[PDB]
Structure formats: C-alpha cells, structure tokens
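Reading through the structure tokens given below for one structure.
Chain A is the first sequence line, chain B the second, and so forth, proteins listed ahead of strands; every chain is numbered from 1. Counting starts at 1 for both ligands and their atoms, following the listed order. The way this entry was determined, per its header, is X-ray crystallography, 2.3 Å. Just so you know, these numbers use all the heavy atoms, side chains as well, and skip hydrogens, waters and symmetry mates.
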Amino acid sequence: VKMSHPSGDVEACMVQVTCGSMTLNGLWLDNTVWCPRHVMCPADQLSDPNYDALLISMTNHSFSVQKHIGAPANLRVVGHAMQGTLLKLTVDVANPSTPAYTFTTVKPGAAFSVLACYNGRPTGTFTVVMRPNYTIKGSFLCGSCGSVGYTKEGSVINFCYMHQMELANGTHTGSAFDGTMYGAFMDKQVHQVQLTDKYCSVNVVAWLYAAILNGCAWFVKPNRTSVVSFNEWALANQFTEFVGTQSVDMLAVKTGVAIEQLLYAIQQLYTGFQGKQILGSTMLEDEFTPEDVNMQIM
Amino acid sequence: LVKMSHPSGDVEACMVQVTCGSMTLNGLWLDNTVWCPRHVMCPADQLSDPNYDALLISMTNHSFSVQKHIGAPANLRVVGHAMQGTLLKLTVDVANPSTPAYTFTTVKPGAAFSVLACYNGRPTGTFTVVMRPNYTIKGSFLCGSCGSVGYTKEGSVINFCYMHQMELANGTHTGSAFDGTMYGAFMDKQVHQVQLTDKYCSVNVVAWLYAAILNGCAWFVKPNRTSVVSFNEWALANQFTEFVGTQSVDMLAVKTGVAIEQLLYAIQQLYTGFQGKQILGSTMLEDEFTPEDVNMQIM
Ligand SMILES: *[C@@](O)(CO)[C@H](C[C@@H]1CCNC1=O)NC(=O)[C@H](CC(C)C)NC(=O)c1cc2c(OC)cccc2[nH]1
Ligand SMILES: *[C@@](O)(CO)[C@H](C[C@@H]1CCNC1=O)NC(=O)[C@H](CC(C)C)NC(=O)c1cc2c(OC)cccc2[nH]1
C-alpha cells in the first residue's frame, strides 16, 4: 500500500503568493515564506528569464501573501531574498502553527509525502519516490507550483521538496529548500530532456521479500549473485547500485532468504516473468522501500 | 494515474481515543457526539460471543474515558451513551470546536475513499481504498486501528463513510457505515468469516481504459461495440459488476471520441487475454480507479 503521512501539520503552513499576475503556493514557517522564484517573472520572460535583474526590480510590496486556511489573513512582506530557485520572503507575523522542522535533500529511491495545493488551498496528498534521474511521478496540475514534499521522524517534519515543473513525459521535479533544483533542471519555460530512469535495486529487493512474506516465493532458488557482481551487471541494464541496509537485513532474517538469491532472481525476472505473477505485478516494482515492507507486513 | 487521498487535516482534528475497561480504540468527535466501534465495551475474553445488549446496560457514563490527544490534550467527560448498530454513540459535554461540515452516506462497491489510519487517538497515516463488490477493502490496518475513519470530500463537506472494525483471514478489511450497519453484513465478533466472491468493478475498468486512451495507449480499441444490456448479461456470467453509466463517464467518451460500448466490447476481449501487450504498465485489467479519478487527474 502507498501510505502518506497525515497532512494537517503541513496544511496549516500553506499560503498563496502573488507577484504581478503570477500566483502559486508558498510555505509559511515562522517569519518566512518560501516559494518558487519564477513567481517574479512576467509571462513575456518565462522562456528566458534574468532572475537577478528581476530580483533587483522587485520591492517588498511587489509580493502579496495570503492565508486561506483557518483564519484568513494577509501577511505583510517586509523582506525579500533569493536562494537558488526559491524566494525567501520575510513577513511581519510568525506562523503560530509552525511545526518542528528540518530541511533535507532526498536521495534517489527514498519515499516522501506530497501535499498538492492550488492557490494556497490543499487539495490532495500522495506518496512518491525520488527516481534515479531525479524526477517524481505524482499528480500536479496547473497552479501546483509551491506544493511541498516532506517526511516525518517523530514530530519533526523534514521538508524536502517544493514543486516547480512538469517535464513533457508527464514526470515532475522541483527544489530542495536550499534552492537547488533536483536533477539540475532549469526553472524556465523550455522543453527539457531527463536522463534515462533506472530501477532502484534496493527497492526491488524489498518488494520481493514482501512477496515471500505473503507466501509468494516462486522466484526463489539457490542461485546467488554477489553484491559486487550484481552491481557490475546493473550498470549495463539500467539498475542502481545495490547498497545494503539494516532494514534489508531484518527482511532477510524474518524470511530466511539471502539478498544474493534475490539479486540473482532480479537478473532473471528482468529477462522476463515467464507468465507468472508476483504480488499482482508482471513487472518489477521499485517504489516500495525496505522501511515500508518492514512496517506494513508484520 | 496515481492513488490520491484528500488532505486529512479536517479529520485529524476529530480523532479521539476511547477507553472502556482494558479496552481501547479510536473515536470520531463531531459536535457533542463521539462515535466508536461498540466492541470497546466487550472484554477480550468475550469477543467471540459478545452480549452487546447486556454490556450496554451495565455501562455507566463513567465506564467510558474519552481522551483528545491531537493538539491540546483533554479528557472529554461522557454524559450520555447509546448504541446504534455496530457503533457506539457517546455524548460528551464539550462540543468539538473544529467540527467540519459533514454528511453520513454509505458508499457503494466501486467507490473510492480516503482512510485516516489511527492508533489510540493519534493519526499515523493516510491512503485510498475502493469498496469491493464483496464489501471489503484492501488498505493497511494494524493492531489498534479500529475506529479509524474513511471519508470523501466534496467542496467543504466531508462525507464520512467508513469506521474500521476488522481484518479477515484474507488480509482484507471491513467496518461500519455511520448508520451502524456493517459493510457486507459481517459480524463484529472474534469469529472466522469468509467474504463473498469478488468481482471486477466494470465502470472503473472503463475509466482506466479511457485513461489509457488519453495517454496514447489505444491498441485495444476496435470499431466493434457491445451494448450496455448485452454487456451486463455477460457480466453476470464472468464476475463483473453491472455497468452503470454516469455523467463522469460520458465526459471521457467525449474527450476521447471512443464510445462506452467500444470499451465494453474491448473488456470482453481483454478479459480473455492481453496477448503479451500492456495497458498503462499492466498485463491485467485495473478497477481501482474511478471515472472521477480519471477526470481530475487527466481531464
Ligand atoms: C507551476 O504551477 C508554475 O508556477 C507549473 C506547474 C505545471 C503546470 C502544468 N502542470 C504542472 O505541474 N509550472 C510551470 O509551468 C513551469 C514553470 C517553470 C519552472 C518556469 N514550467 C513547466 O512545467 C514547463 C515548461 C515547459 C515547456 O516550455 C516551453 C515545454 C514543455 C513542457 C514544459 N513544462
Ligand atoms: C481493531 O484494532 C481492534 O479493536 C482490530 C483491527 C484489525 C487488527 C488487524 N487488522 C485489523 O484491521 N480488530 C480486531 O482485532 C477484531 C476485534 C473483534 C471484532 C473483537 N477482530 C478481528 O479482526 C479478527 C478476529 C479474527 C479471528 O478470530 C479467531 C480469526 C481470523 C481473523 C480474525 N480477525
């Protein structure tokens, strides 16, 4: 099951940011509003913007911030700065419902929750994994820029994504909160090509373990491939590096099946499924992490 | 096409923990009323054959402890208690100051809704399920999840449709509507129960094929057509639900130009075999996406 964190924490932080005739979502934490910087850019310049000239041309009053959740309010902007592909706006009132938070960058294969927003109003939530080519496969429509992606550890939200674009293949990307765009895509209105996607090997392993736990173990055999041998094969068949984790070990102890058997099985199941099914799938499944398998199948 | 849930913040502000004896589970706080599954009155020795009428009469308002954890912690004093089908309807003296606009409508097979999974009154995760024709759902419910709540949102109104009660040996799940009746008439006792046979949700297979077409996957479309009446008599023989068209479906017909009866014909052929070919990454029919899903996500 694709399970998301409860989103109420993050809903209380979503705002609408308007600049000239551009409008998108922003994140209100304490005295700061984060939002994508292209809100500054008029339409006649989206294809080829000069963000530094645009930033100089803005004043605090160029920016309009509104809260539509709970007690609606207008937030007075009293400072503006740019950080990579984000604007960092300072407002005069602190968000009284600010969670404990950090900013982290997610590595490919890691899962996180997304709150999709339109005009500062939360509309849906879903879970994604960062692909090896630094894209995600969510559902983002018009007005979804500034929607936020995050994980939770205890009561602390770790913010990891702010939405910026949709590639022509329907896939999506955005920034970490240091301003850097995932996959180095540029925040301008141009057709851009992503690198070839790969399978997240550790996720495929975790999924096969989940199959065995539910009683589906047909692919299991005594044939082993070593970690180092599998990884050499992976470079030629568009798989990531396998890296072991204690999470994967838990799933090998409980299952009594070695990673090396599953690594061999991956090579053979990639060749083809020979007609059968694994957990309702006829293709490899790489969007469930070892942590998901550990928490869901007990 | 992706599994998508409503934002859960509205519902999180309504969850409470309900304790009775050595028993504890989740509750839903709306106005002055807390709903929860009635088996919280039963001790675990007796769950196999609970005497719910006798349990209710032996309970006093002090037999129930309702605790709110999300936000500012408080104990909610019980000043009334009643039973309605498989649910308890407790009256507390403090009205929930964050009660959303809501309705209580039972969902039909093939409809999708969002679940807030909770443990001892604390929300832990959210996901979407669809009600199967055998009145089960397939989410992720662990120990302590009874009282977790299922819902849909239209505009500002929350429609509460599901209160979690049980896990079948199949790994599948069921619970109550908020009128107190159990989906599929499963009984709320610690006994083995076998669900009825599943079916494919016909109207959702149609929606998914429309989604295939919109995304450039249309090899399965032929000129050939099966009427709704002819398809439905076939559905009875082949474990499909009766196809009932809606405006939501017709919208997809118009955007694509592929009529409903073309997809009904295609389904009959696809159910016999995809012949190695794929539709949206699948070698099998998919019925977990509704027409509304396809409209919102692809248009
Ligand atoms: C945000 O709403 C914008 O603030 C918007 C979200 C997408 C609109 C449709 N679905 C979405 O997810 N983002 C964009 O419009 C961005 C803006 C950039 C970062 C300045 N641009 C694109 O997503 C974009 C541009 C182009 C393109 O050009 C030419 C050609 C093809 C695809 C494409 N996507
Ligand atoms: C609630 O958390 C309980 O308050 C719990 C939820 C399930 C636990 C695992 N996943 C869930 O959805 N509910 C139960 O444990 C209920 C309680 C009964 C009605 C008193 N029981 C079952 O779901 C149950 C009992 C049995 C069983 O017996 C023997 C045999 C097989 C399956 C089964 N399920």
Q: Return the drug name for ligand 2.
A: PF-00835231 (bound form)
Q | Chain with most contacts to PF-00835231 (bound form, ligand 2), per the PDB entry | A | ORF1a
Q. Counting non-hydrogen atoms only, which other chains lie under 4.0 Å from PF-00835231 (bound form, ligand 2)?
A. B
Q | N/O separation below 3.5 Å, B:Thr24 to PF-00835231 (bound form, ligand 2) | A | no
Q.
Within the 4.0 Å heavy-atom shell around B:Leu47, which atoms of PF-00835231 (bound form, ligand 2) are there?
A. 20 (C)
Q) For chain B, which organism does the PDB list? A) Middle East respiratory syndrome-related coronavirus
**Q.** N or O pair under 3.5 Å between B:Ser145 and PF-00835231 (bound form, ligand 2)
**A.** yes
Q: State the residue and atom joined to PF-00835231 (bound form, ligand 2) by a covalent bond, or say none.
A: B:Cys146 SG
(Q) I'd like to check which PF-00835231 (bound form, ligand 2) atoms, numbered from 1 as shown, lie under 4.0 Å from a non-hydrogen atom of B:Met166. (A) 12 (O), 23 (O)
Q.
With heavy-atom distances below 4.0 Å as the criterion, list the atoms of PF-00835231 (bound form, ligand 2) near B:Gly144.
A. 2 (O)
Q) Among B:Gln190, B:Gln193, B:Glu167, which one has a heavy atom closest to atom 15 (O) of PF-00835231 (bound form, ligand 2)? A) B:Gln190
Q) Taking non-hydrogen atoms only, is B:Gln165 closer than 4.0 angstrom to PF-00835231 (bound form, ligand 2) via side chain, backbone, both or neither? A) backbone
Q) Short list, please: which atoms of PF-00835231 (bound form, ligand 2) are under 4.0 Å from a heavy atom of B:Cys146? A) 1 (C), 2 (O), 3 (C), 4 (O), 5 (C), 6 (C), 13 (N)
Q. Judging by distance only, is a nitrogen or oxygen of B:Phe141 under 3.5 angstrom from one on PF-00835231 (bound form, ligand 2)?
A. yes
Q. Between B:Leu25 and PF-00835231 (bound form, ligand 2), is there a nitrogen or oxygen pair with a distance under 3.5 Å?
A. no
**Q.** Sub-4.0 Å atoms of PF-00835231 (bound form, ligand 2) with respect to non-hydrogen atoms of B:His164
**A.** 6 (C), 11 (C), 12 (O)
Q: Show the binding site of PF-00835231 (bound form, ligand 2) at 4.0 Å, heavy-atom contacts only.
A: B:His39, B:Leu47, B:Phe141, B:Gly144, B:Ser145, B:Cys146, B:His164, B:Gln165, B:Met166, B:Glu167, B:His173, B:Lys189, B:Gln190, B:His192
